[PDB]
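Here's ATP-dependent Clp protease proteolytic subunit 2 with bortezomib bound to it.
All chains are named by letter (A, B, ...) in the order of the sequence lines, taking the proteins before the strands, and each is independently numbered beginning at 1. Looking at the header, which is where the method is noted, we find electron microscopy, 2.2 Å. Counting starts at 1 for both ligands and their atoms, following the listed order. As a basis for the values below, the full set of heavy atoms in this structure was taken, side chains included, without hydrogen atoms, waters or symmetry mates. Portion of entry displayed, and contacts counted within that portion, nowhere else.
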Amino acid sequence: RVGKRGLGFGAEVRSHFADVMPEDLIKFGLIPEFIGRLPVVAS
Amino acid sequence: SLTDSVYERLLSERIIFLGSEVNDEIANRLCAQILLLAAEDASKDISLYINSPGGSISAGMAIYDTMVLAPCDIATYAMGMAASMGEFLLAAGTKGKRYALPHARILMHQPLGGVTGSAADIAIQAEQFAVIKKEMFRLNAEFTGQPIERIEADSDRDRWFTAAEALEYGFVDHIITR
Amino acid sequence: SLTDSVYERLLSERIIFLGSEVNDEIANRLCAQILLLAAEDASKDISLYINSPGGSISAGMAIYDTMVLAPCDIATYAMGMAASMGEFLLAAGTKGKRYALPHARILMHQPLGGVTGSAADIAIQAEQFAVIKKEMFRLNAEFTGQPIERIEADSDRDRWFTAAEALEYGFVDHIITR
Amino acid sequence: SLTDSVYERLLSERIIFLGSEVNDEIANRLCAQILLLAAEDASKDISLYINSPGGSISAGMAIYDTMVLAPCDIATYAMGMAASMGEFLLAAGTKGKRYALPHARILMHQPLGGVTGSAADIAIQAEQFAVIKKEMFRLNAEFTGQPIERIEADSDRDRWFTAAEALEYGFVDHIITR
Amino acid sequence: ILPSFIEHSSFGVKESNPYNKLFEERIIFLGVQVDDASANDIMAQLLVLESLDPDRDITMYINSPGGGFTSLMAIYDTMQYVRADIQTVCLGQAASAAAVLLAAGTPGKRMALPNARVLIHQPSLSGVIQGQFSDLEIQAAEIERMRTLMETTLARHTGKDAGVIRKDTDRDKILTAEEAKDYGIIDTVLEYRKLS
Amino acid sequence: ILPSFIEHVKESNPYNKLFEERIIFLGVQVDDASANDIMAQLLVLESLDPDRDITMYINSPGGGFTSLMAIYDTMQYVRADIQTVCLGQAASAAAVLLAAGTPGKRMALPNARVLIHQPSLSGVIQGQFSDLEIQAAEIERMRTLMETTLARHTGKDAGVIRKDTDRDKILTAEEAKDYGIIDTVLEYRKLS
Amino acid sequence: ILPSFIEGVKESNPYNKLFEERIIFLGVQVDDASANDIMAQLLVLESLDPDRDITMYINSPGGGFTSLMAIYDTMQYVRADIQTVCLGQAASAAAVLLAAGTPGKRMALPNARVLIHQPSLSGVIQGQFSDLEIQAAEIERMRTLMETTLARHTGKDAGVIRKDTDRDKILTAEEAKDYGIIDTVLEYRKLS
Amino acid sequence: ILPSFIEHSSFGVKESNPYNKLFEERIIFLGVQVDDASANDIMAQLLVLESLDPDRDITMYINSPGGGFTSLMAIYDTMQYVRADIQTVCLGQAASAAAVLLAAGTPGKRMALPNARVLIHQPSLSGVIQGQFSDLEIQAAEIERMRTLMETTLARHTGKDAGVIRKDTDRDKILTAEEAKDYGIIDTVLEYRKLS
Amino acid sequence: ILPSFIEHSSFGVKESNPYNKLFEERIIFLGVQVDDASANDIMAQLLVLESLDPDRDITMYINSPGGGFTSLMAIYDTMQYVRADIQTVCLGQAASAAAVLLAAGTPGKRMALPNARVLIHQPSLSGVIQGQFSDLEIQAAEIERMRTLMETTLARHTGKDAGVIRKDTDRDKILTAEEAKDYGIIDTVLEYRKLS
Amino acid sequence: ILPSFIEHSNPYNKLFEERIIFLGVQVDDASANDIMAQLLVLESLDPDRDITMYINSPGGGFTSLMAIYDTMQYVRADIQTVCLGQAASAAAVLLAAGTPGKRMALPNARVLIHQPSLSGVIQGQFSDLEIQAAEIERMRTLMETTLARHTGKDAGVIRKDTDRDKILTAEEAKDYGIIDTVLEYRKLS
Ligand SMILES: CC(C)C[C@H](NC(=O)[C@H](Cc1ccccc1)NC(=O)c1cnccn1)B(O)O
Ligand SMILES: CC(C)C[C@H](NC(=O)[C@H](Cc1ccccc1)NC(=O)c1cnccn1)B(O)O
Ligand SMILES: CC(C)C[C@H](NC(=O)[C@H](Cc1ccccc1)NC(=O)c1cnccn1)B(O)O
Ligand SMILES: CC(C)C[C@H](NC(=O)[C@H](Cc1ccccc1)NC(=O)c1cnccn1)B(O)O
Ligand SMILES: CC(C)C[C@H](NC(=O)[C@H](Cc1ccccc1)NC(=O)c1cnccn1)B(O)O
Ligand SMILES: CC(C)C[C@H](NC(=O)[C@H](Cc1ccccc1)NC(=O)c1cnccn1)B(O)O
Ligand SMILES: CC(C)C[C@H](NC(=O)[C@H](Cc1ccccc1)NC(=O)c1cnccn1)B(O)O
Ligand SMILES: CC(C)C[C@H](NC(=O)[C@H](Cc1ccccc1)NC(=O)c1cnccn1)B(O)O
Ligand SMILES: CC(C)C[C@H](NC(=O)[C@H](Cc1ccccc1)NC(=O)c1cnccn1)B(O)O
């Protein structure tokens, strides 16, 4: 996700644990209810 | 060639050979030989020895027309095999002069062919296949003296004849036994 | 060869054979034979026996031009099969001298061919196919005495003729019955 | 052979045939026949009957050079088909003596060929293709009396001619109608 | 080559090729020649989609060059059998059997694309079928059975007389989409819906 | 192309979805490998439920005779009734398998073709005349067995099967119902 | 044409549902690769339970002799009784495998044909006459081994097998029961 | 060779090409000759990507020698149909039919890499179509309809007169990327964007 | 044979060949002949490796006989397009198009192992292109356009004049690794980094 | 047929995860790219563990040879070449290309060395053929200097030996210098 560039001849390719979002943790397997009950992220 | 030399010396004795399948090449040289021999003598018989597995109808109809239109009699000789067009041209000989050698075999059957192309083309081919098969059966009925319904039923698949069976059926007039 | 020897002896009797498909090889030797026989006698008829499944238009147009430009009459003879270019050259004979042997078959149909290449090439091929088919139908209308619209409609697919049907239609002038 | 025998008897009457594609084999025997007939009589015309789908340029240029360098006139005859190298050699005949038989067809088009090999080889082939096509169009312009720009535009794809159209265009000098 | 995507549906992480995705939206795809192996596929898909929902329309895309007659009438009968209406869309060509399957869709629901080609012609034997003249009399009465059945089929679906189909399918009658709409193979040329 | 659709983990084509609904599909020519497939499917569906009937779809140009009688005997062996539906064509063996279904349960689509003919040999079988008179007693065994098989199922005399299969007797669906090969020309169920 | 129920789990086509029910299937010709397949299945089913009967289905045209005796030995080796069932045909080497079942357990469908014939060379084996003397003593050994194999299993004299397999002897199901190749002809089990 | 893993997850045998990665970013890939099977693939992907998001632009990569005309107009119509704008990018070549698809992108969105060529020419018949002269007159009216339809397609996408397309596609007209921009096949010769 | 080893990944289990293990490390193999399907694969890899990190250098291992010119310029333009620097390493051979792709790496990053062949030659027509002389003068001006473009391409990557490329590529100018460094196709004869 | 055993995987997967690259097919561009992919994978997995290369190959193309040869010499790992049955032509050069001391051969393995050949006929003008013949002498000299630096023999001695097919046994290839030890059988009985 951090590093999700555009792919191919079209869109631009300029468009650790500290860049974490729940979009990453839903992809990990944490349900979005579990994540919002954990507002603070230490890394 | 030797084979052409023996055939040339038998052409001089008015003995011609239908020895292959009746395609247009063998038919045209037989038609040429009948036209050549009827030009030499219009009163001496042509001996047509037939060892043929049959062939094209229109090629054999060329031979059959050249046989009939020749002013001389065409004595035909079933020599080993007279199948399909070869039995036709055998039975197409001058009556009284159609011979089977005593171990020749005569195969009478309906015409084979092939349908191809569009449905309008095949309807024309089948219409012409009905014309060819009716005309081929009419002439085999005329040659053998059999009814045309007898020729239709018997030619439906391969019907084989010995020399003695072809004599009774009407393809030949004599069995040569010397 | 024997086959060439019989054809040579019938060439001496002014009897030539269209016995194959009309390709350029058979056409050029027929054109050569017509040029040879018209050089020998310009007043004796050439008998052209035709047992042909048809062939190239331009090859048969070479024969047809050599037949017309020969000072002697070209008697044509449908022998077994006068199909396509073979019916054309049959009907191209001298009028009064076009013969069908009584079991010959005449097949009149429109020209076959093939389109290939680019779209600009095929537009030229089709333009020339319309020229060839109009000219082939004009001459079959001239030969048979049929209207050109009659030839167009009848040659659209294969139209078969017996000897008696070709006599009525106009391809031949007589049916030989000797 | 019979076919060689008729061609030999027409070679005696100074009638030679371009009846195939113009490859080096047919060209060399035509060049040999023109050299043979010009050695026999240097004053009697050679009749070149052309039923040709065209062929190699250099093979037909061998014939065209042997036609021009022959001291006798080469009467050319479009017989059925004078296409490509065959229209060239037709139009290469002696002026006043180029004939089309009235149903011959004349096909004039630019040379065909093939490029192959490396880019330096193909640049040489294309340079030589421009030389061949300019020389072939120059001679067809010289033969027919057409402008070279007229020959360039018309030969760009297949351009077909009837006998009457080839007479107007300039390939032949007469249409034989006997 | 056919790239495969992933669908996050009620489940998610479900790998799907575009052809499974067409079939999930009840689109049967006839893009290959109509032979037995293709007709076997389409008839299986027509019966699956009838079973999944017999009320929703099955869409049939036709990019076929056409083919076998019994494979044609296998697909044809299954298109007519199912309770679902068939929406035939022509994509490129519908030739031979395919144009009959294109006309075989539900009236009102037969579409082509504006540059689609509809090629109707009479049945032909592929290659020479040989045999005795009694065999060939059967095979020729059979292709006249096939020719009449094709024209009877195109008469039901174009609204033309079967003799008019017979005169038109003498040669290759190539229709464009607007010409096949006026003929009755389709009745919608299906205008493009691009937003620009 | 043949798509699939994921059920529930499992990936099923429409042929699986047919087969789970007791539908065996004869869609290719009857050779050994296809007959082996059909017989395996006939025994699986009989084991799953020998009382729920098996449906056999036949879109087939026919084929080998021993592959025919392999399918035929297995269709007759299984406890389940066989519902044969003809789809487009059933030629030769396929028409014998079409007639081989349970009486009352033999269907054809309205434009299906039913082609019956005597057995043949593909190409020439070489051999001595003792070999050939055995191969010809065999093709007569195959011809008589096929005409007997069509006599059990069409309700006709085997001598009348023999006169009809002299050439290709090609039947439509209505002509095959009158003949006895099918029992029902399957009418369309389109809602419109 | 075969419905595979695909799925990371077992695939389960109908041949798996034959093999789990201890039915080995021989429907292809008996070449090396098929014989290798059958022997792998005969050993696996022996190891799963050596007391339950292995069933062998035979729809084979036959094939090579060493591939025959590969299957034959493994059928005779395993502790499980082999139940051979003929489907359609058991020709050539496959008739020997059909007779190679356990006595009482050799079955055939009613319209299954059983073809027995002496071994033949596939094509022409070239060589010197000492090479061909070896190859002819070999096929005579193959012929004698096939006859004594059919002598063991049909209960006949090997000279009777020699006179009968001189040409192609095609047996029907009832004729193979009288001969000794199968033990029972399977009756149809249909409830209709 | 193409690097691609199979993740299983006990739900699938899930394949991951780089083409699957391109298709996720709405890049349809025409890299083979336009035949039926290619056209069938491309149209199925255009309709999937229209359904996934009809607003985002489909990108079509074209590295193709070009092929059949009805397969061409199959892809062409499905391009012109979908609500998504189509970004056509030429890779290496767009010849024959593939140059028509290259011009068939949305105006302003037709790209070519700088050393790509664009080969336009008139339709041909690969091989010889045999037949009677009535059959060939049908097949030649067809190849002229194909030629006229290709020219009027290239007329409405290049802004040229269709007669100018006649005189240009009389032979092979190979354009470069910049020559196809001046001609109107593409709208942008795509600049390199390397960091160094 | 190629062993597809298994990596325990997030999604259940990932099964990967050695090519995908290296594709995760920005490593591309041009190891097949450069045809359309090869060029299609390499362009898909080069774009995917650009989108994952456009600043991490891509390594293109080249063991190729070379091939088609448009497939060449498809790979070439995509190598020049991507934001990531391309590290071309020659293995064994880079012949024809492959030597152009070897020279097409980022300057300073074009390697060849010491026994790698680098073969440059002018483009050739494989087989014989038939046709009229107007067709062939198009096909010959095209292969002169291909020859000039390849010499122009090898000019700005080897730092030579395109005329100097033209005299050299008249025949097969076959270079070793050290001869291709002096020529300018590679920048470094890549020394063996074996630890013994 | 190749029986597998999943999650313990076929036998080539099990050899590869134990760092055994396999060359049993002929050396062409396809097999070279496979081996060079595997050499670069096993270098990236651990560069300090030996890669073992099994050679049952009849040999093949020279540029496919020197592709594998260079990559074997390129990777940080030591290459352990074992000859299995045969190492003919190009594959005997790869057999000699292992790390010294780590070139094994099975006792009945054949090692066949010969000079490079052109398979078939390369047509062309005499200037094309003068290039192709200076190239096959480039390939011949490079192969002999490659076998010179790995067998310890003079390159002219390699040239006289590879005049014809020099078939070596396992023990003859040890005395020649292609392999370093003939691998003794270690069966417990
Ligand atoms: C007495 C009858 C059966 C004559 C038989 N003739 C045919 O069946 C021949 C066999 C043949 C020969 C050459 C080329 C093609 C076909 N059939 C024909 O010539 C034929 C077929 N269909 C229409 C018109 N003629 B014979 O050759 O079996
Ligand atoms: C004579 C006409 C009316 C009927 C048939 N003739 C043709 O159409 C022939 C058949 C043929 C023969 C040899 C080579 C190629 C084609 N067609 C031509 O020669 C032909 C075709 N297109 C343009 C110009 N000539 B016949 O040969 O069946
Ligand atoms: C009047 C002109 C068009 C003559 C034509 N000649 C050619 O195009 C012939 C066709 C041909 C014949 C034999 C072998 C190869 C090619 N072309 C040539 O001979 C040719 C082709 N390229 C360079 C030099 N000569 B004719 O054959 O179409
Ligand atoms: C016009 C419609 C009815 C179908 C068109 N042609 C046919 O009728 C097809 C053409 C075809 C295709 C594949 C194999 C054999 C024959 N006819 C048949 O399928 C067919 C099959 N058996 C006997 C007679 N006709 B289409 O395939 O061009
Ligand atoms: C008529 C029914 C019973 C079967 C039809 N086909 C056959 O007769 C098939 C055609 C065929 C196939 C291969 C080799 C020889 C012959 N007959 C046989 O299976 C067959 C096999 N061995 C001996 C005799 N006939 B039909 O086409 O399915
Ligand atoms: C008679 C029984 C034993 C087997 C029959 N044929 C043989 O004897 C087979 C021939 C055959 C036939 C079909 C496929 C493969 C091989 N004989 C052999 O395998 C064989 C092999 N090497 C030497 C001698 N015989 B059966 O396959 O027709
Ligand atoms: C120029 C555009 C329209 C397409 C170009 N060629 C065509 O027009 C293609 C060439 C082609 C390709 C594959 C199979 C048969 C024919 N034309 C056709 O698709 C075609 C198909 N049927 C009849 C007539 N033309 B391209 O493929 O060179
Ligand atoms: C020298 C470089 C630029 C290219 C070399 N190969 C070529 O020249 C290739 C070989 C080839 C392939 C197919 C048809 C004709 C020619 N040239 C082409 O790609 C090509 C393709 N179409 C027309 C003209 N040239 B090399 O072998 O990669
Ligand atoms: C002796 C060693 C170096 C290699 C041996 N083979 C070769 O020399 C191989 C055999 C070969 C294969 C394909 C085309 C031409 C020649 N030489 C080459 O790879 C080769 C390829 N192109 C040009 C020159 N040599 B051996 O048989 O593996």
**Prompt:** What chains, other than any belonging to the drug, come within less than 4.0 Å of bortezomib (ligand 9), counting only non-hydrogen atoms?
**Reply:** J
**Message:** I'd love a list of the residues lining bortezomib (ligand 9) within 4.0 Å - heavy atoms, by chain and number.
**Reply:** J:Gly59, J:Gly60, J:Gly61, J:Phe62, J:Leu65, J:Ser89, J:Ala90, J:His114, J:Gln115, J:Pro116, J:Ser117, J:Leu118, J:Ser119, J:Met139, J:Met143
**Prompt:** Any idea which atoms of bortezomib (ligand 9) are less than 4.0 Å away from a heavy-atom of J:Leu65?
**Reply:** 3 (C)
**Prompt:** Based purely on interatomic distance, does J:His114 place a nitrogen or oxygen under 3.5 Å from a nitrogen or oxygen of bortezomib (ligand 9)?
**Reply:** yes
**Prompt:** bortezomib (ligand 9) and J:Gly60, any nitrogen or oxygen pair closer than 3.5 angstrom?
**Reply:** yes
**Prompt:** Relative to the heavy atoms of J:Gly59, which atoms of bortezomib (ligand 9) are at a distance of less than 4.0 Å?
**Reply:** 28 (O)
**Asked** How close does the nearest protein non-hydrogen atom get to atom 19 (O) of bortezomib (ligand 9), and which residue and atom is it?
**Response** J:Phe62 N, 2.5 Å
**Asked** In terms of heavy-atom distance rounded to 1 Å, which UniProt active-site residue of chain J is nearest bortezomib (ligand 9), and what is the value?
**Response** J:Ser89, 1 Å
**Request:** With heavy atoms of J:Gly61 as the reference, note each atom of bortezomib (ligand 9) found under 4.0 Å away.
**Result:** 9 (C), 18 (C), 19 (O)
**For atom 2 (C) of bortezomib (ligand 9), the protein heavy atom that lies nearest, with its residue and separation** = J:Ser89 OG, 3.2 Å
**Prompt:** For atom 17 (N) of bortezomib (ligand 9), what is the nearest protein heavy atom, given as residue, atom name and distance?
**Reply:** J:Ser117 O, 3.2 Å
**Request:** Output yes when the distance from some N or O of bortezomib (ligand 9) to some N or O of J:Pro116 is under 3.5 Å, and no in every other case.
**Result:** no
Bortezomib (ligand 9): which protein N/O atoms lie under 3.5 Å from its N/O atoms?
unit_1                : atom_1 : unit_2   : atom_2 : d
bortezomib (ligand 9) : 6 (N)  : J:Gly60  : O      : 3.0
bortezomib (ligand 9) : 8 (O)  : J:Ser117 : N      : 3.0
bortezomib (ligand 9) : 8 (O)  : J:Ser117 : O      : 3.2
bortezomib (ligand 9) : 17 (N) : J:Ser117 : O      : 3.2
bortezomib (ligand 9) : 19 (O) : J:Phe62  : N      : 2.5
bortezomib (ligand 9) : 27 (O) : J:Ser89  : OG     : 2.4
bortezomib (ligand 9) : 27 (O) : J:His114 : NE2    : 3.1
bortezomib (ligand 9) : 28 (O) : J:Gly60  : N      : 2.5
bortezomib (ligand 9) : 28 (O) : J:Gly60  : O      : 2.5
bortezomib (ligand 9) : 28 (O) : J:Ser89  : OG     : 2.4
bortezomib (ligand 9) : 28 (O) : J:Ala90  : N      : 3.0

